[PDB]
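Quick look at a structure containing chloramphenicol.
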Amino acid sequence: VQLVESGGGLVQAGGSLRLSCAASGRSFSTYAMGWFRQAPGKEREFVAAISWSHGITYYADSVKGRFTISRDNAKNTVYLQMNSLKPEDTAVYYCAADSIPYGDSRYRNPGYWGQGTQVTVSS
Ligand SMILES: O=C(N[C@H](CO)[C@H](O)c1ccc([N+](=O)[O-])cc1)C(Cl)Cl
């Protein structure tokens, strides 16, 4: 099983990116999925999550109104649309999958982690 992030890059402040997390080896349609980030010299932090259940999403306060998480089960892919990017959004972004299917919104150590994609937002 592998999660692979793509869609990172270097963008002017105020611009947008769309990150993709493509899963292989297993359908994750029954699993909640999440995006996290780690800025240089800082700890990993939650960005957004999307349930297996239609329409249920969660966002860190710092990205509310700017980022949107979505998923496409036919492509086995989760997306992070990132609008109104700020220099403080510069980080490696990681996608992850819940440790169990059909989970609630309580904290669990994610069961699978990707290797990350770099996002750099210029001045
Ligand atoms: O983001 C995730 N887990 C967070 C960690 O804070 C939390 O455990 C969670 C799990 C499920 C969920 N959901 O079903 O929408 C939301 C958050 C995993 Cl889905 Cl990768």
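So for chain A, numbering is the PDB entry's, and the shown residues are 2-124, in order. Per the header: X-ray crystallography, 1.4 Å. Both counts, for ligands and for their atoms, begin at 1 and track the order of listing.
Going by the PDB entry, the chain with the most contacts to chloramphenicol here is VHH-Chl-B2. The site surrounding chloramphenicol, defined by heavy atoms under 4.0 Å, contains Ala33, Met34, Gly35, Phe37, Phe47, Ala50, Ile51, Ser52, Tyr59, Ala97, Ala98, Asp99, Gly104, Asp105, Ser106, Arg107, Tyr108, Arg109. Distances from atom 4 (C) of chloramphenicol to the protein include no heavy-atom value under 4.0 Å.
The shortest N/O to N/O separation between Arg107 and chloramphenicol falls below 3.5 Å. The nearest heavy-atom contact from the protein to atom 6 (O) of chloramphenicol is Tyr108 CD1, 3.6 Å. Where the criterion is an N or O separation shorter than 3.5 Å, residue side chain and backbone included, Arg109 meets it with respect to chloramphenicol.
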